[PDB]
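Bound complex of Poly [ADP-ribose] polymerase 1, processed C-terminus and rucaparib.
So for chain A, numbering is the PDB entry's, and the shown residues are 662-780, 786-1011, in order. All values below were derived from every heavy atom in this structure, side-chain atoms included, with hydrogens, water molecules and symmetry-related copies excluded. Both ligands and their constituent atoms are indexed starting at 1 by order of listing.
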Amino acid sequence: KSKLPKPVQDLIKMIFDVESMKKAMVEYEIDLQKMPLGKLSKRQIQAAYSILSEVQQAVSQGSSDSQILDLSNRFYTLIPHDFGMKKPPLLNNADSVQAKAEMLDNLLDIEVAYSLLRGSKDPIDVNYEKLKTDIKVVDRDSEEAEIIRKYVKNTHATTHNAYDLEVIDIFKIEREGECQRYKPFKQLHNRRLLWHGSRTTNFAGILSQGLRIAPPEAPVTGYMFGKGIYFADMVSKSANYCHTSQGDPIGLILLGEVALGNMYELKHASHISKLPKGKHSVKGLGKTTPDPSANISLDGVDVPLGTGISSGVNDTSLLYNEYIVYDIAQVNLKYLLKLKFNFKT
Ligand SMILES: CNCc1ccc(-c2[nH]c3cc(F)cc4c3c2CCNC4=O)cc1
């Protein structure tokens, strides 16, 4: 009965895949009986973030093993885990705290996906409408597809040699309310078409609610430029955040129009609470940048699809550029790509 094109139906099945959600939770060693998908709650996850912030503070402060163990046990009480024969890993380093924070980020979007899914017509059409997003297939033979394929081909980083990328499908997307929300930023200068990678299990949340900023209660660990929305001009830097594997080599990646305006240019980590007055974004400066002479205009937006060349910058923490905005209204999502990851083994 569903009149949606086959590629769009396949996308809906992929994003609302309950088996992918359960597999993710098993990998995280979550107790699926004590915290089923339907029992995930914002208030409990909020409280879990706060505890992880206390753990992060305890670890860097060099607190006693007693107070670290206490906080570690409090986290596992809020978010039940099942380690089987193995005892529960002690949360006593920054990497472990960041891994649990990123698990919570993914769990929240899985909760959104499951709540939508269980919230006459073909089930595929019903679930499509719940995304509150217009999704159209971009024709393979179109100049539009040629530009996007070239962006993918040209901006694969030399140091990301674990996989090759193949574009399966290109979708043009329009989130309900996003045009009205973006309107004020639409006439800002320096609008750029940039990559945003995420786990497939996040995309129901991303399409229904848009790209969002980490809450205050989330720990600061791994936010190089503070709590904002991060984008790449190199497809492979973003593609890495799809967290695809040989077992599941199909990923989803966004092209967003980002209203960057006056960029605060940084070479090193700075946890931005407030931009300098007159700045609209941060650019992390990479050693390698898309060749600016190959910059193209797609529907009034700059597409940096040039091959990676040396920037001017040797004295930087970053191999590749990154772009951060601190207002959700500065992003207009344009395309969603289904990518095949061909791992080299
Ligand atoms: C949430 N834990 C800390 C954290 C995790 C991931 C990111 C991040 N940095 C990026 C740079 C970039 F150029 C592109 C991306 C990211 C991300 C994740 C979002 N997606 C990206 O493509 C930033 C902070």
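The binding-site residues for rucaparib (ligand 1) (non-hydrogen atoms, 4.0 Å) are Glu763, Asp766, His862, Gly863, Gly888, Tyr889, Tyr896, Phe897, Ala898, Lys903, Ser904, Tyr907, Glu988. Taking distance alone, with nitrogen or oxygen atoms compared against 3.5 Å, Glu763 approaches rucaparib (ligand 1) more closely than that limit. The shortest N or O to N or O distance between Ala898 and rucaparib (ligand 1) is not under 3.5 Å. Nearest to rucaparib (ligand 1) among UniProt active-site residues of chain A (least heavy-atom distance, to 1 Å) is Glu988, 4 Å. Listed by number with element, the atoms of rucaparib (ligand 1) under 4.0 angstrom from any heavy atom of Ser904 are 14 (C), 21 (C), 22 (O). Between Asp766 and rucaparib (ligand 1), no pair of N/O atoms sits closer than 3.5 Å. Rucaparib (ligand 1) places these atoms under 4.0 Å from at least one heavy atom of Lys903: 13 (F).
Atoms of rucaparib (ligand 1) lying under 4.0 Å from at least one heavy atom of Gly888, given by number and element, are 3 (C), 4 (C), 24 (C). For rucaparib (ligand 1), the atoms closer than 4.0 angstrom to any heavy atom of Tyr889 are 1 (C), 24 (C).
Chain A: most residues in contact with rucaparib (ligand 1) are in UniProt domain PARP catalytic. In terms of protein heavy-atom proximity, atom 16 (C) of rucaparib (ligand 1) is closest to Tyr907 CE1, 3.4 Å. The distance from rucaparib (ligand 1) to the heavy atoms of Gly863 drops below 4.0 Å at these ligand atoms: 19 (C), 20 (N), 21 (C), 22 (O).
Scanning all protein heavy atoms for the shortest distance to atom 10 (C) of rucaparib (ligand 1) gives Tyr896 CB, 3.4 Å.
Protein heavy atom at the shortest distance from atom 19 (C) of rucaparib (ligand 1) is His862 CE1, 3.3 Å. As for UniProt NAD(+)-binding residues in chain A, a heavy atom under 4.0 Å from rucaparib (ligand 1) is present in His862, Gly863, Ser904. Close approach of rucaparib (ligand 1) to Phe897 is summarised as follows: ligand atoms under 4.0 Å from at least one heavy atom of the residue are 12 (C), 13 (F), 14 (C).
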